[PDB]
Q: 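Our group is looking at a structure that contains forodesine; some questions.
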Amino acid sequence: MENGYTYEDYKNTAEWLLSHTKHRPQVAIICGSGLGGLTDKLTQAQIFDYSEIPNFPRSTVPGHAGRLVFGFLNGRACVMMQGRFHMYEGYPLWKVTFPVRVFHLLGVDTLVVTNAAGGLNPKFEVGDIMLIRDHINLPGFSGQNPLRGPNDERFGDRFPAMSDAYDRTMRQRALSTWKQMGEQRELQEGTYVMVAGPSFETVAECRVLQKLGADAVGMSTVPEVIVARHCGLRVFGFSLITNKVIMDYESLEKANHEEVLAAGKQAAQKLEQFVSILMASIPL
Amino acid sequence: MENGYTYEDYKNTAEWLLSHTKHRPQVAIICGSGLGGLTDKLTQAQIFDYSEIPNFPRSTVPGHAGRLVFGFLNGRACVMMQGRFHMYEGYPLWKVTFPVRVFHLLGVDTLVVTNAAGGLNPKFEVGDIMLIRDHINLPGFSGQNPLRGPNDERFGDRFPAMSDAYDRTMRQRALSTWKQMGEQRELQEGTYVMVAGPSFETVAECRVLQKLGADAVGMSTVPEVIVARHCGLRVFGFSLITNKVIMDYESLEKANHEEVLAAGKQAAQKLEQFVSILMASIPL
Amino acid sequence: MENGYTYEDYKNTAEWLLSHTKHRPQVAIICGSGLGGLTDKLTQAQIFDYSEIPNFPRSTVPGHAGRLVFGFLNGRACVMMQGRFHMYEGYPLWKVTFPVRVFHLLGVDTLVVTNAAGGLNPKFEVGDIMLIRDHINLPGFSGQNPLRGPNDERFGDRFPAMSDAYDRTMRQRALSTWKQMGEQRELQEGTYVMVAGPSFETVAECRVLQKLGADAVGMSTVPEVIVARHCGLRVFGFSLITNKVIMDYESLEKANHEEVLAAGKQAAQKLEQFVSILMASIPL
Ligand SMILES: O=c1[nH]cnc2c([C@H]3N[C@@H](CO)[C@H](O)[C@@H]3O)c[nH]c12
Ligand SMILES: O=c1[nH]cnc2c([C@H]3N[C@@H](CO)[C@H](O)[C@@H]3O)c[nH]c12
Ligand SMILES: O=c1[nH]cnc2c([C@H]3N[C@@H](CO)[C@H](O)[C@@H]3O)c[nH]c12
């Protein structure tokens, strides 16, 4: 609606980093949060706190909005967001997604994003992993689109498509890796719907999200993919099911964050490895 | 997104009231509007205008945003909002719902909210009363959640559930009272969807709200339940059907406010009594 | 939510115009954009740039937000917006729709609005034209309604209906004209859904818009009809299908603006004539 950043601010944040860093990454990864441990498997790791990076979304205690790590993961030059920004935190989307536009100026050209999510598809099960074939951008329908505002042509068009958001190549490239390391549960595949804003859904709210044809649901991610494609990045992403969204009045259970962080933690290596391998089927 | 109130402002509003008032309420009721007359049945009633209560949502002519009454209803200590704030008035939700957070600081621990609403369910009929089993929080999906912003931990969690918003006990406790005073029309039971913002729905808009599985529709309420549960309040609520939402091109009729205020007025005692009795099956 | 304009600003913009203009229009037309050429067929045309009209939505380079033309089209006094304001441009709705409230103060009393749109209905085909029977105002459900804010009673009610937005008379008045000039493709008729904000829909997003029962989809229009009826204007409008919204993973095609402007251009006279004739079945 405004967008408080000019092209310059982006550039200036880039160049700064691009000069406290030997590194020049090609892929950006975004967790998770409980893909946290990933940071380990990197090597030659250089860390930064968001709080010291020019223009980053500042949170209240920094943070709470955490760290940017640069390094090598499976002999690929990475950079990853260990902790991210959300709309429910009160951040507008050109903030949430800000990081995303710096990455591209860094010359990263693939983005992988991950996240936890509730499962809407009855078939799914806590533990599973759903690749993201497509999304419903509900905040988007109503005005909340990280693209809203005057478009800067240096980044992209006024009117990008999202029909093809989630790289095809990568997605198979990908189920390979899944059995090509032999797993009991299959890879899932489906649609992430976004809703904002922090309260968990009602039962009726679930029924509606199932009707729309959604398979999983977070409050995340959605935004920063949309603006990845606005400027080229190939995009590949996926989701940890983490709870079966309560689907009927009767059940006495209740989503909590709690169970989410746990499951996230339980799932852990799974995962860390998965991404880690996948690195290898990203081009050059 | 911000939230202009700090914890202090809430507290200060409480304590003020908590000291021009003998009273110490346990239940908060919210009308209606045309449950207005309720104020009568209270006894030992002490009134206040929003306009003199520190921090209240100020409207333009005060008001237009009206009065807070404290008293006893059926030998329960109450406090009630005679007139409320809406999003379509231009108020953000941490304003609409502000009152709600003061109540809890007052030590109220049950909230009952009522409202008029259009009927989406063909079965329903003008006059009926729909208990609220659940809700679709449509403004919510897109970012408009009274909880959005940085969470204050003194009130509640970052990530409350709403699966169980509408107290089970109370809801039966409740159909009892309905025949246990013998009424021709049955109690209805169903889902309130919220949309904002003041224009009435189109026909196509109705068809969609019916598809989502909604039974009734207002522009209200939704918010302040969500933030009631964010901090404990037991929540019980319901709705006066007030018009059958025009469901097909052809009909020459048109929702108006008008018919709504009327029906509201027609329905009157019905009602006033109902709540009045219900008081008695709230704990202590 | 605020609305930065007072009644005065509207009036002042009117009177200004109402006095660099001989003219006194009765109908307002809004394109399109690629109904641009229409301006030709007017006669006795007086032009203005938005940029010089007191209070108009200013864009960045003026503009980019273009010109207001007054004249006679088929022996009717018109005034038309050659280029309009959108929400995705970052404009709030009491800006987008501002023009609309001036028109009425000008004493215009019919409004016709046109627009391009993607087709959701499989039956439709690029080239077709869909009259607007009704709309889904999705931004609206969540708070984005040009009416939101404190209502000024001089313009309209607090709670207008939209059940009957799209004049019945006019709509047939209308299919007449269509064969009454003998066309191969039939007139289409259906519902325009609005979403905001500039990115094109995903596939999953389409499936949902089809489910809701929408036939076409733009990011436009919706707003300014709603506020037309808030103050009397008879409203009649329609849509150029312009692309078949990609309805399945597989297809390698992608909406672009591009194809849209083209089709718009291809369609051209079609059209220019159509409106041109239609003028004649507007009253006096
Ligand atoms: O059942 C759900 N509904 C909505 N969001 C989530 C989420 C995501 N939302 C956040 C907590 O609600 C958490 O960070 C997670 O990534 C997990 N489960 C659900
Ligand atoms: O048919 C409807 N659609 C949307 N809202 C309402 C309402 C509620 N909305 C307000 C007026 O629209 C009124 O205060 C009422 O509580 C009644 N009927 C309808
Ligand atoms: O497939 C679509 N989806 C959403 N909007 C449009 C539109 C409208 N949106 C604008 C460009 O997206 C264009 O001005 C047009 O009037 C055309 N096609 C589509």
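Each chain gets a letter, A, B and so on, in the order the sequences are listed, and its residues count up from 1. Ligands are counted one by one from 1 in listed order, and the atoms in each one are counted from 1 as well.
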Q: Of all chains near forodesine (ligand 3), which one has the greatest contact count, and what is it called in the PDB entry?
A: Purine nucleoside phosphorylase
Q: Judged by heavy atoms, which other chains are less than 4.0 Å from forodesine (ligand 3)?
A: A, C
Q: Are there other ligands or ions under 4.0 Å from forodesine (ligand 3), and if so, which?
A: none
Q: Identify which residues UniProt lists as binding purine D-ribonucleoside in chain C have a non-hydrogen atom closer than 4.0 Å to forodesine (ligand 3).
A: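 Per UniProt, the ones with a heavy atom under 4.0 Å: C:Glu201, C:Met219, C:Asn243, C:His257.
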Q: Which organism is chain C attributed to in the entry?
A: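 Going by the entry: Homo sapiens.
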Q: Which UniProt phosphate-site residues in chain C are within 4.0 Å of forodesine (ligand 3) on a heavy-atom basis?
A: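 Heavy-atom check against UniProt gives C:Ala116.
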Q: State which residues lie within 4.0 Å of forodesine (ligand 3), judged on heavy atoms.
A: A:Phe159, C:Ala116, C:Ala117, C:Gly118, C:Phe200, C:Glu201, C:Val217, C:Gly218, C:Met219, C:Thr242, C:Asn243, C:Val245, C:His257
